[PDB]
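Notes follow once the structure below has been shown.
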Amino acid sequence: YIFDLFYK
Amino acid sequence: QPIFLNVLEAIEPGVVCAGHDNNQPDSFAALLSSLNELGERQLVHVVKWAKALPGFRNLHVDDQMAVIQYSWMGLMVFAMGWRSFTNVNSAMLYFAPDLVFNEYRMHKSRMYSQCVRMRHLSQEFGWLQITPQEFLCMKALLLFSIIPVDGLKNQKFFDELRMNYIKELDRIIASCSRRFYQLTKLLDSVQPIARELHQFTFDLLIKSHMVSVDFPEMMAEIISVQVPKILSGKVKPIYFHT
Ligand SMILES: C[C@]12CCC(=O)C[C@@H]1CC[C@@H]1[C@@H]2CC[C@]2(C)[C@@H](O)CC[C@@H]12
């Protein structure tokens, strides 16, 4: 997930 | 006065421009591609905003990530409504300085009903004489206003967190608790809109190749993965009022 990599 | 209020004001995001070419003619794809870009830009600011929130690190990571991806439409809509209210006294939708919708743009976006619904919200800020402090607090709470019905990983810290945030909006309020009715009522009214906006974007997504509307990569993920969970009823807002 792009959002998840981003969020972390 | 609260640390709480201090914090919310400290961490409240600045201006976010859409990047819109106001030299080109109003057109579904130009308009909606700019809105989507702004969504994305506004979202990076929502993530950073949320992480600096009191108690927010409390929650499990996946809980943090979930709550954000469920509530982002609501928050953005709420603050867009404030933005409009404070800059153009609700006469137009102030998405960003470079993206203000007049009625013509409302119609060109093919989102008119929804925009009118949003323009109404905006006017409510006026008619109810909402304070900057109530706005911040209400907005805070909107991050904790939509959960999947299977509950979260740490549903308990969440509930704790959500309960305290209510206590704080109550504190900056505290005949009078009629204000509470009103604020909770206004808050409740964001969801219908966000839902209307969720179906809208999701379809837009589905048919985006065939209308040359541009979805940023992360926006398409979220809309295709998390949004349908809402739309299918798997994820539900919490209303104050049945
Ligand atoms: C959240 C945004 C973007 C930021 C904002 O100020 C409110 C606004 C409300 C409508 C959304 C939009 C982002 C792009 C969307 C999701 C479009 O695809 C259709 C509805 C748009």
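Each chain is given a letter, A onward, matching its sequence line's place in the list. Residues displayed in chain A correspond, in order, to the PDB entry positions 1-8. Heads up, chain B uses the PDB entry numbers, so what you see runs 670-843, 851-918. We count ligands from 1, going down the list as the structure has it; atoms in each ligand are counted the same way. Determination method: X-ray crystallography, 2.8 Å. Just so you know, these numbers use all the heavy atoms, side chains as well, and skip hydrogens, waters and symmetry mates.
The PDB lists the drug found at ligand 1 under the name dihydrotestosterone. Short version: main partner of dihydrotestosterone, named per the PDB entry, is Androgen receptor.
Going by heavy atoms, the other chains that come closer than 4.0 Å to dihydrotestosterone are B.
Counting residues of chain B in contact with dihydrotestosterone, the top UniProt domain is NR LBD.
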